[PDB]
K.L.:
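Right, I'll just put the structure down here and ask away after.
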Amino acid sequence: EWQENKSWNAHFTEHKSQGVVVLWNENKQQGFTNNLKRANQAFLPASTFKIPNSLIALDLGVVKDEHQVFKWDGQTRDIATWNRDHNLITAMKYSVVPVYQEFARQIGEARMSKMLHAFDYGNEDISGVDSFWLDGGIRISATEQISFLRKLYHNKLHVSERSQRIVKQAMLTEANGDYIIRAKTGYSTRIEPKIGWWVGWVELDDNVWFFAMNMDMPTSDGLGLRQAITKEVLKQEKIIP
Amino acid sequence: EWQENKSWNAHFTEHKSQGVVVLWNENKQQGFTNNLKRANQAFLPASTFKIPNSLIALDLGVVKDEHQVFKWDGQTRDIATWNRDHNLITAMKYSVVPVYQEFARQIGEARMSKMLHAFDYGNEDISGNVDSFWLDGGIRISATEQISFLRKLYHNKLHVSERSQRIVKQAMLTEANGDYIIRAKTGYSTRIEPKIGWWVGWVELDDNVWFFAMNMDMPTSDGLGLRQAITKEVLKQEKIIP
Ligand SMILES: *C(=O)[C@@H](NC(=O)c1c(-c2ccccc2)noc1C)[C@@H]1N[C@@H](C(=O)O)C(C)(C)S1
Ligand SMILES: *C(=O)[C@@H](NC(=O)c1c(-c2ccccc2)noc1C)[C@@H]1N[C@@H](C(=O)O)C(C)(C)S1
Ligand SMILES: [Cl-]
């Protein structure tokens, strides 16, 4: 069912970095990783939390839809792309923390807690309300990411079908005549080790490949590798050209 | 509100072809074409019919969802990609006529008629084969009537369930990167003259939506690449994509 493929370590090594890639071939009901232990190591979700955050916000009417505008509170921050108005689409695309802090506040630790349980999301621990996924108690592994994503793909999370379709739309990262990628980036720097995340899936004509990957991210220089390494692995297994 | 930009004719000319591109800047409530007359000229919709077809099928339970498999009736056809099983996603991606003929048959001329009226879709004329009228029958739609229909689909304003619309928009997904998302549908009409290519859909940006309808003379199947290439060359020029 699960199989180690240590040959993928080469892809981490050649960029002088450590980390895990987990693939799941949906049709064959089989999974593949370069490191079974790290694949099961839990980390802070960072901006990958914006998936379940988005879903809970939508199901509760905190977000009416994906066109609804979230007004810049007018305070400049370090990320240029955060200093302007956003909708759920641009909120996810640009990982706009303040917008999701604001959703989290309206959602409320009571309901957020209930929902993460119902989702079976990582360790279901909200030790913090407006920061817990950045610097608090919540932890999720690569394989628990796949598990959550697989439920989102088949509209099996304990929220309305609409809420899921909207979040999957919002996850749209890349598409052409070969594949569709739906995914969410993450960068956790508050608690060591500093890691990059890329979780989502590859839609083909006739199969779906789910992916969760995290890698050591000591410096923000490496961030390009989250996508590049996952893709190098997807190329190798002839999932994309 | 509407503005002629004859400079775009260059893009048709340079490939020795005639045709129209219609843009609509949603935010500014303004439209742009290389030819106001042709922009209003109606043609057979061809595979662009798969949008309203998909919507009606979904709203009526002919299609349960986008994963549901449509089993190849086992008869080899000219188009390699048609000779295998399909779901609403691959059905749209590869313009699989037989699948949509089959939906049309189940939908039934009575309901298909009512729905195209409610949609205000082109000339609302289904007359011909229930299973062929959008290929060789009576239905006619212009570039501008395409935008109108598309604009309603974008805001989930067609008199069909929101779900049905979301699914068809998903299925329209053609292209996406960190700059833009294109949702669109191709068409090739060769049964009745004049032979034309279609590309209708829209470009999603961070803060705006550009709707596009384009058709061009398509005497030979050699030109088909130009449907996307000319639209893109125009989208480049107006600095909508890089
Ligand atoms: C999500 O991961 C976003 N970042 C955080 O939530 C976050 C950061 C951060 C890193 C760099 C700049 C600003 C904040 N540190 O800890 C956390 C929990 C997005 N990650 C970054 C990325 O490049 O992927 C950004 C710039 C998109 S914000
Ligand atoms: C949709 O328009 C499809 N074509 C037709 O429905 C169609 C054709 C046709 C032309 C060439 C090959 C097969 C069918 N002739 O009249 C009609 C109404 C799709 N058009 C083609 C394209 O290249 O866009 C295909 C191959 C995608 S089928
Ligand atoms: Cl989508």
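Chain letters run alphabetically, one per sequence line, in listed order. Numbers in chain A come straight from the PDB entry, and the residues shown are 24-151, 153-265, in order. We're sticking with the PDB entry numbering for chain B, so the shown stretch reads 24-265, in order. Atoms considered below: every heavy atom in the structure, side chains included; atoms not considered: hydrogens, waters and symmetry mates. Whatever order the structure lists them in is the order used to number ligands and atoms, beginning at 1. This entry, so its header tells us, was determined using X-ray crystallography, 2.3 Å.
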K.L.:
Can you remind me what the drug at ligand 2 is called?
P.N.:
oxacillin (bound form)
K.L.:
So, counting contacts under 4.5 Å, which chain has the most with oxacillin (bound form, ligand 2)? Name it the way the PDB entry does.
P.N.:
Beta-lactamase
K.L.:
Which chain letters come up when looking for other chains with a heavy atom under 4.0 Å from oxacillin (bound form, ligand 2)?
P.N.:
B
K.L.:
With heavy atoms of B:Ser70 as the reference, note each atom of oxacillin (bound form, ligand 2) found under 4.0 Å away.
P.N.:
1 (C), 2 (O), 3 (C), 4 (N), 5 (C), 6 (O), 19 (C)
K.L.:
Could you list the atoms of oxacillin (bound form, ligand 2) found under 4.0 angstrom from a heavy atom of B:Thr213?
P.N.:
8 (C), 10 (C), 15 (N), 16 (O)
K.L.:
Of the choices B:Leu67, B:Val120, B:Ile102, which has the non-hydrogen atom that lies closest to atom 12 (C) of oxacillin (bound form, ligand 2)?
P.N.:
B:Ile102
K.L.:
Given B:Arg250, B:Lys208, B:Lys116, B:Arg100, identify the one with the heavy atom nearest to atom 24 (O) of oxacillin (bound form, ligand 2).
P.N.:
B:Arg250
K.L.:
What do we get for B:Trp222 next to oxacillin (bound form, ligand 2) when only non-hydrogen atoms under 4.0 Å count, side chain, backbone, both or neither?
P.N.:
neither
K.L.:
Would you say atom 14 (C) of oxacillin (bound form, ligand 2) makes contact with the protein, given that contact here means a non-hydrogen protein atom less than 4.0 Å away?
P.N.:
no
K.L.:
Identify, by atom number and element, the atoms of oxacillin (bound form, ligand 2) in contact range of B:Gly210, meaning under 4.0 Å from any of its heavy atoms.
P.N.:
2 (O)
K.L.:
So is there a nitrogen or oxygen of B:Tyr211 less than 3.5 Å from a nitrogen or oxygen in oxacillin (bound form, ligand 2)?
P.N.:
yes
K.L.:
Does at least one non-hydrogen atom of B:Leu247 fall below 4.0 angstrom from an atom of oxacillin (bound form, ligand 2)?
P.N.:
yes
K.L.:
For oxacillin (bound form, ligand 2), what covalent attachment (residue plus atom) does the entry record, if any?
P.N.:
B:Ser70 OG
K.L.:
Under a heavy-atom criterion of less than 4.0 Å, does B:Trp157 contact oxacillin (bound form, ligand 2)?
P.N.:
no
K.L.:
Among protein heavy atoms, which lies nearest atom 18 (C) of oxacillin (bound form, ligand 2), and at what distance?
P.N.:
B:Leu158 CD2, 3.3 Å
K.L.:
Taking only heavy atoms of B:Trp105 into account, list the atoms of oxacillin (bound form, ligand 2) that are under 4.0 Å away from them.
P.N.:
28 (S)
K.L.:
In the PDB record, where does chain B come from, organism-wise?
P.N.:
Klebsiella pneumoniae
K.L.:
Taking only heavy atoms of B:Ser118 into account, list the atoms of oxacillin (bound form, ligand 2) that are under 4.0 Å away from them.
P.N.:
19 (C), 27 (C), 28 (S)
K.L.:
Please list the residues near oxacillin (bound form, ligand 2), using 4.0 Å as the heavy-atom limit.
P.N.:
B:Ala69, B:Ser70, B:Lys73, B:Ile102, B:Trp105, B:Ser118, B:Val120, B:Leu158, B:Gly210, B:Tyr211, B:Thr213, B:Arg214, B:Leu247, B:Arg250
